[PDB]
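Structure (with testosterone).
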There are 2 protein chains.
Amino acid sequence: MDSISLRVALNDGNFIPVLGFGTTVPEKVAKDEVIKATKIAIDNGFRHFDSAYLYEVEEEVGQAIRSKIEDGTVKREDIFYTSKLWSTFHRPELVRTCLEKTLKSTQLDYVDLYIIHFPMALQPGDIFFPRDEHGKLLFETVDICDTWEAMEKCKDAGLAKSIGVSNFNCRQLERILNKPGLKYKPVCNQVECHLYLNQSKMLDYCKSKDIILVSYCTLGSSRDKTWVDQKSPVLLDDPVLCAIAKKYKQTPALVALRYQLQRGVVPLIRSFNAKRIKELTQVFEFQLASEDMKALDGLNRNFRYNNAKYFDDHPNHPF
Amino acid sequence: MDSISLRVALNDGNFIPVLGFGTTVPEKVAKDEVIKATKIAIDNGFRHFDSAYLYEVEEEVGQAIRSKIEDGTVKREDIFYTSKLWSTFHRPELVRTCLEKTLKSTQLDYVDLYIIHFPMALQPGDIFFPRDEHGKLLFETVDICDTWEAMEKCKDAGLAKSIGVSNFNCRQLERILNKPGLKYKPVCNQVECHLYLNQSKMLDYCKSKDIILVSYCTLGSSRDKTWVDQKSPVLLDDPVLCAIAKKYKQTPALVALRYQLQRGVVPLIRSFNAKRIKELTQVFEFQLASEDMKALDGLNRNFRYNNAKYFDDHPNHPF
Ligand SMILES: NC(=O)c1ccc[n+]([C@@H]2O[C@H](COP(=O)([O-])OP(=O)(O)OC[C@H]3O[C@@H](n4cnc5c(N)ncnc54)[C@H](OP(=O)(O)O)[C@@H]3O)[C@@H](O)[C@H]2O)c1
Ligand SMILES: NC(=O)c1ccc[n+]([C@@H]2O[C@H](COP(=O)([O-])OP(=O)(O)OC[C@H]3O[C@@H](n4cnc5c(N)ncnc54)[C@H](OP(=O)(O)O)[C@@H]3O)[C@@H](O)[C@H]2O)c1
Ligand SMILES: C[C@]12CC[C@H]3[C@@H](CCC4=CC(=O)CC[C@@]43C)[C@@H]1CC[C@@H]2O
Ligand SMILES: C[C@]12CC[C@H]3[C@@H](CCC4=CC(=O)CC[C@@]43C)[C@@H]1CC[C@@H]2O
């Protein structure tokens, strides 16, 4: 069967498809394009979809998914849908409210994985990034351990099959793992990970705790100018990556992706192009040799495309 | 990660690694060879091990598995162990007794999948195939539906995560699916399936019921003279199979195996040879084209290497 549909074990007894499909829509691209791409991803064997409250497209993604359930292509159970809790709902009493909005929007009866988008709380309200009239960002110091307890209850309530975090550093992660009364451990930490920021320490830390590293910007991001510095290196053009790709008669994208899979990372990818969507499904058809992995490991330069500078000087900034 | 370690969904919410490693030891081969092979299989990414009470090697296999858990190579959760209920324990009150012997032998705290080895009951006792002094096989007519209820309780008791059957024909399968009060549906039907006996009807039946077909003798069996007719065709020598293997620069074994995976079968293989064990791990590195699948589909000749003639004329003989 579709090898990219196959699953890996989560520490709570659940299983996640090994390859995920992101749903962020680029600034100048139309939101209906995500419906097109999602249906195509499903047709190509993609069973893991990553979204978020912040993305404002959960209505569209849920629509693409249900149409495929409707026409008998898949069952809810075949789909693994991930969503994320936004910073303005970090207050314990607001966590489930955020999730219930996602459920209402997607029309799915539960999310397979619900995660904390960032370890930073912002003032409750209707704006994603609330600032005062002088531009200061209105944040709060809600303890992650408190928001985490609210996340555990959403799992107990059956609204989320699994719970995890995103953009957490080791200190923040340790804070939750050592929390007294901890009932459910985070099943993953979704962070930026690619050839220029391979996260070997975080990967080692997660392995020792049975937490999986789910990577984003795996192919060097979408270079969306609203959030990616245009003077940053283009990952897929890297000479060493292109030489190796050439050596295996594969594309750089496939080599950048395979590298992650080979090191134990569950990667997220995104393409609104039908040829490229199909192309990524062949990542299991080859295998990098030790020497080549060591080569790619050497491309690391601790470079972030996602600095989270839109969070200004939040006392809890992970980076 | 090891693509042969990846999992497929079972109809009860569990997941099974896509490629299984059998543990039967050939007549003239030493039982300690299975400990060697199992450790090597684990080192190579095999996570699904198929055994049975009848095989008399559960003590050895459990030993190989635990050593790998003990040195930190895997966790119990990483391993999927299958065992089978022997015919002499078909009486409802004896089912759990058989399972508890397996648990005691393997020293695992539960089996991931427990299945009915054959749909034929034999008289209780210490001999696998009890016969009278005149030679007649001492069988019983215990209803499979009754033994099945005993299997459901072992699942409710937590002793077996999943339950299934083996060597059942469609009638016997339908008998259980239509049983009144059925609580748990069989997650699989482990039967003989290869190029000369592809089981297309059974495969279709299973697909419609969400029952997976787990195949054995996938490579044409071990040709063990105690149970395989030496005048039977050698599957891996088949001209058409060798031509196709040649066309993909792959071995016949890999082509015989890939064919099963491509049609939705979860295959079982077995090799006590370290080179061949490693060889089978590359089955995801290529893909047969439609025309080639149709070619291989044509090799079918409804030929069984496993006639179960050791069950003589049991009224419930599946074949
Ligand atoms: N948790 C967080 O804080 C966070 C942050 C950022 C992202 N994410 C997740 O990660 C997902 C992906 O992020 P991203 O889009 O910024 O990064 P990305 O996956 O690294 O890059 C996406 C870009 O790669 C291109 N691409 C896809 N397949 C390709 C192929 N085979 N060859 C060449 N190029 C290919 C796409 O172009 P085309 O469309 O033309 O194919 C697209 O522009 C997001 O949708 C989201 O779900 C999470
Ligand atoms: N449920 C049932 O009633 C039932 C019945 C029979 C079997 N089974 C299960 O199926 C498992 C396998 O059965 P089996 O051994 O009879 O049949 P099989 O898997 O079809 O054949 C095993 C033979 O194939 C050879 N082989 C393995 N890899 C090879 C490769 N890459 N190239 C060439 N040859 C290769 C092995 O030789 P080497 O060792 O030299 O590599 C071995 O002799 C059993 O252990 C058992 O778990 C279940
Ligand atoms: C920069 C931005 C806030 C942060 C967003 C970004 C879109 C992409 C994105 C995806 C994430 O999951 C993390 C937050 C970010 C990085 C948004 C585009 C406009 C908005 O102001
Ligand atoms: C033939 C036999 C009983 C049936 C056994 C066979 C070993 C292989 C085997 C594996 C199975 O799982 C089904 C039963 C069989 C086919 C045994 C070897 C000696 C014994 O008498």
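Each chain is given a letter, A onward, matching its sequence line's place in the list. In order, the residues displayed for chain A correspond to 1-319 in the PDB entry numbering, which applies throughout. In order, the residues displayed for chain B correspond to 1-319 in the PDB entry numbering, which applies throughout. Both counts, for ligands and for their atoms, begin at 1 and track the order of listing. Per the header of the entry, the method used was X-ray crystallography, 2.5 Å.
In the structure shown, the parts corresponding to testosterone are ligands 3 and 4. Of all chains here, the one making more contacts with testosterone (ligand 4) than any other appears in UniProt as 3-alpha-hydroxysteroid dehydrogenase.
For testosterone (ligand 4), the other chains with a heavy atom below 4.0 Å are labelled B. Ranking protein heavy atoms by distance to atom 6 (C) of testosterone (ligand 4), first place goes to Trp227(B) CD1, 4.0 Å.
For atom 5 (C) of testosterone (ligand 4), the closest non-hydrogen atom on the protein side is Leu54(B) CD2, 4.1 Å. For testosterone (ligand 4), the polar-atom distance check finds no N/O of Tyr310(B) at less than 3.5 Å from any of the ligand's N/O atoms.
Residues of chain B that UniProt annotates as binding substrate and that have a non-hydrogen atom under 4.0 Å from testosterone (ligand 4): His117(B), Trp227(B).
Contact annotation for atom 1 (C) of testosterone (ligand 4): protein present (non-hydrogen atoms, distance under 4.0 Å). Close approach of testosterone (ligand 4) to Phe129(B) (heavy-atom distance below 4.0 Å) involves ligand atoms 3 (C).
Nearest non-hydrogen protein atom to atom 11 (C) of testosterone (ligand 4) is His117(B) NE2, 3.4 Å. Result for chain B and testosterone (ligand 4): the nearest UniProt active-site residue and heavy-atom distance (1 Å) are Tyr55(B), 3 Å. Here the heavy atom of the protein found nearest to atom 19 (C) of testosterone (ligand 4) is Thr226(B) OG1, 3.9 Å.
Testosterone (ligand 4) has at least one atom lying under 4.0 Å from a heavy atom of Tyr55(B). Site of testosterone (ligand 4) with heavy atoms closer than 4.0 Å: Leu54(B), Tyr55(B), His117(B), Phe118(B), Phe129(B), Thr226(B), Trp227(B), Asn306(B), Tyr310(B).
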